[PDB]
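Figure: structure with dasatinib.
Numbers in chain A come straight from the PDB entry, and the residues shown are 258-406, 424-533, in order. Both counts, for ligands and for their atoms, begin at 1 and track the order of listing. The figures here come from the full heavy-atom set of this structure, side chains too, leaving out hydrogens, waters and symmetry mates. Method of determination (from the header): X-ray crystallography, 2.8 Å.
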Amino acid sequence: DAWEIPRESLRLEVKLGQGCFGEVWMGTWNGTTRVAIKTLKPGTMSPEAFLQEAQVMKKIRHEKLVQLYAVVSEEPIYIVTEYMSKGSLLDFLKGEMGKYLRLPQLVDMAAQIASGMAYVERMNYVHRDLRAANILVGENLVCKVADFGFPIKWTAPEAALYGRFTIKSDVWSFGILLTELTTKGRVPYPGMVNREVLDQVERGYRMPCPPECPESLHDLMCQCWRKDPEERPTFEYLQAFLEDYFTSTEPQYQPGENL
Ligand SMILES: Cc1nc(Nc2ncc(C(=O)Nc3c(C)cccc3Cl)s2)cc(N2CCN(CCO)CC2)n1
């Protein structure tokens, strides 16, 4: 394979996170390139399974999707990608940077996500787990979709009920992701547990306009949360709308205490 690299060229420097199937490190590839490394714990998940994510990441290439660099496909396995220096968008949003972000910065982060998701849309792919926790941040507020291989509060009804997952339910999640960006990281449907979210959402309920969030962005949310998956906007739409936001939609926008 072209993506193969010598085990020697990889250095795992800082441990970044853990899971049941492996770990994620910051490190150095060929002694020069800062990379992110993800490992599989031999025996926990099947190699074939843990490699299905890298196989996918091979046919994908977009500036708003985390990029594969190399793999070591013989146990123990390592997948290598570019390194995002700020971690998940969810830790960023509720961390020290939280308090300085306003609408322009947040609507721009959203746009990029929609740009990456528009690419995913174009390729007829589905993500299935779009949400802030699965967006990585970089230098200068660069946001890239991550993880290409239950989150009920993020999942569209038809997908959680009848397993009908699509780019249109991905759009639903994006709608839920917009509340995360506007509440600076707060769990959707506050004080509601999974079971009553299903009931309520199936009964027509939708989260209201977050504090200081312009109505125009709440409407955009509500469009992504239409009951009929086909009514829901495309990503190519969502992308254009958010890039043009402060000219075409909210030109009279004044800074507030939080947004
Ligand atoms: C969990 C985490 N990841 C970071 N960067 C990453 N880049 C890419 C990642 C990744 O997993 N790639 C990947 C791979 C390798 C395989 C398949 C699929 C994918 Cl997408 S993880 C940075 C970070 N930091 C901790 C907190 N710090 C506080 C600063 O104030 C900043 C730095 N923590």
*Write down the macromolecule with more contacts to dasatinib than any other chain, named per the PDB entry.*
Proto-oncogene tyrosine-protein kinase Src
*What is the residue list for the binding site of dasatinib, using non-hydrogen contacts under 4.0 Å?*
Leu273, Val281, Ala293, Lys295, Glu310, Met314, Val323, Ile336, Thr338, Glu339, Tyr340, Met341, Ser342, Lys343, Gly344, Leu393, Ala403, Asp404
*Counting residues of chain A that contact dasatinib, which UniProt domain comes out on top?*
Protein kinase
*From the PDB file, what's the organism behind chain A?*
Gallus gallus
*Per UniProt, some residues of chain A bind ATP; which of these have a heavy atom under 4.0 Å from dasatinib?*
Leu273, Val281, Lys295
*asked:* Could you find the nearest UniProt active-site residue of chain A to dasatinib and let me know the heavy-atom distance, rounded to 1 Å?
replied: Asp386, 11 Å
